Chemist: 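Supplied in structure tokens, the structure appears directly below.
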Amino acid sequence: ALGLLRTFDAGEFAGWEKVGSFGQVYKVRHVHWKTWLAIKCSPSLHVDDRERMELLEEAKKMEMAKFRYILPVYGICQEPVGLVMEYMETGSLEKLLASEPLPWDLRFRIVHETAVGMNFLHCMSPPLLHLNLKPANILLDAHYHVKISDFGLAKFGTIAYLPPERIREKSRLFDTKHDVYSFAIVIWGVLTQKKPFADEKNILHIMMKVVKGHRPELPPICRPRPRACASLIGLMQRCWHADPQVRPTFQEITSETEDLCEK
Ligand SMILES: Cc1cc(Nc2cc(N3CCN(C)CC3)nc(Sc3ccc(NC(=O)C4CC4)cc3)n2)[nH]n1
Ligand SMILES: [Cl-]
């Protein structure tokens, strides 16, 4: 796993340029390779042995899940201590959702592609749980194709993506149904181009209500694609069901999201 990863000295990089902010991420040019890469640096003053080993474990999990819809990893830098990855020109889904209204065919393709990447992770032996999926992690290339990132918590404003069973049970064991819930909240963001619970001031009250089956407000059926929109709303609702075992698998999810992209 960690054998094929390279070590980068910072002299190989140039034109450092912020994109993140967690840990500052930079678009860097590799001068010899004549292409761009992304480097996530440490957020601290001194990077001890815990970080170095965590950053390595994060790298190795990315290499383990090498796939079309998963962000590629190249290696670790030591000069500044950072993780060296593929650069994606368009950036996060969060930024894209805030920038302008997106055509529905693209919305459906983003959801499908995200679902296919998540399904890949869950098909691994053993399954790889993402556990941090949100629009800030979902990256888009120059032609708006998805690659999933952020494997730092794999095995703040993130309360909205947290399953209700994680609020009910102190230290429940993580499972595939955690990711399925988060994916539902990702769908809601694609449907509305809004952030979930943006209006609400009482963070705790909403968390308590969520344990009883409270969710982001259902959007209306859209005009341009009312059948597919209705179908996606329904799928979203099953994916955010209060009972984890009623929620669909990503095998079942991908079958359905694929049909939304047909025609
Ligand atoms: C890791 C990574 C990041 C990128 N590319 C980009 C590019 C980008 N921008 C594209 C250009 N516009 C003008 C501004 C936004 N904005 C982000 S915002 C962003 C920052 C970091 C992460 N993910 C991580 O932190 C990875 C390490 C786990 C996702 C999105 N990420 N390629 N690879
Ligand atoms: Cl339709």
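Each residue takes its place number in the sequence, starting with 1. So this one's X-ray crystallography, 2.6 Å, going by the header. In each ligand, atom 1 is the first atom listed, and ligand 1 is the first ligand listed.
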Chemist: Find the chain in most contact with ligand 1 and give its name from the PDB entry.
Modeler: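 Greatest contact count: Receptor-interacting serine/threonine-protein kinase 4.
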Chemist: Determine which of tozasertib, lexibulin, astemizole appears at ligand 1 in this structure.
Modeler: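 From the list, tozasertib.
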Chemist: Output the list of atoms in tozasertib that are nearer than 4.0 Å to some heavy atom of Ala136, sorted by atom number.
Modeler: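 Counting from 1, the qualifying ligand atoms are 29 (C), 30 (C).
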Chemist: Compute the minimum heavy-atom distance from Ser149 to tozasertib and say whether it is under 4.0 Å.
Modeler: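 Within the 4.0 Å threshold, so yes.
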Chemist: If you measure from each heavy atom of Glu58 to tozasertib, is any distance below 4.0 Å?
Modeler: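 Flag set, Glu58 near tozasertib.
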Chemist: Consider tozasertib: state whether an atom of it lies below 4.0 angstrom from any non-hydrogen atom of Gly23.
Modeler: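 Per 4.0 Å heavy-atom rule, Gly23 does not contact tozasertib.
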Chemist: Looking at non-hydrogen atoms alone, which of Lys147, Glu86, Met85, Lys27 comes nearest to atom 32 (N) of tozasertib?
Modeler: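 Result: the heavy atom closest to atom 32 (N) of tozasertib is in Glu86.
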Chemist: Under 4.0 Å from any heavy atom of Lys40, which atoms of tozasertib are there?
Modeler: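 Matching atoms, with element in brackets: 27 (C).
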Chemist: Is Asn137 near tozasertib, meaning one of its heavy atoms is under 4.0 Å from it?
Modeler: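 Checking tozasertib against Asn137, which is what was asked, there is no heavy-atom contact under 4.0 Å.
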Chemist: Evaluating non-hydrogen atoms only, which member of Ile148, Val84, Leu139, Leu140 is closest to atom 4 (C) of tozasertib?
Modeler: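 Looking at heavy atoms only, the winner is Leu139.
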Chemist: What atoms of tozasertib come closer than 4.0 angstrom to any heavy atom of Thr90?
Modeler: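 By the 4.0 Å cutoff, the relevant atoms are 10 (C).
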Chemist: Going by heavy atoms, is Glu89 under 4.0 Å from tozasertib?
Modeler: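 Yes; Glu89 lies near enough to tozasertib that a heavy-atom distance drops under 4.0 Å.
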Chemist: If you map the residues of chain A that touch tozasertib onto UniProt domains, which domain comes out on top?
Modeler: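 According to UniProt, mainly Protein kinase.
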Chemist: List the residues forming the binding site of tozasertib, heavy atoms under 4.0 Å.
Modeler: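 Heavy atoms within 4.0 Å: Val19, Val25, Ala38, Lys40, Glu58, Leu71, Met85, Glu86, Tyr87, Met88, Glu89, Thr90, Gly91, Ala136, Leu139, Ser149, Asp150.
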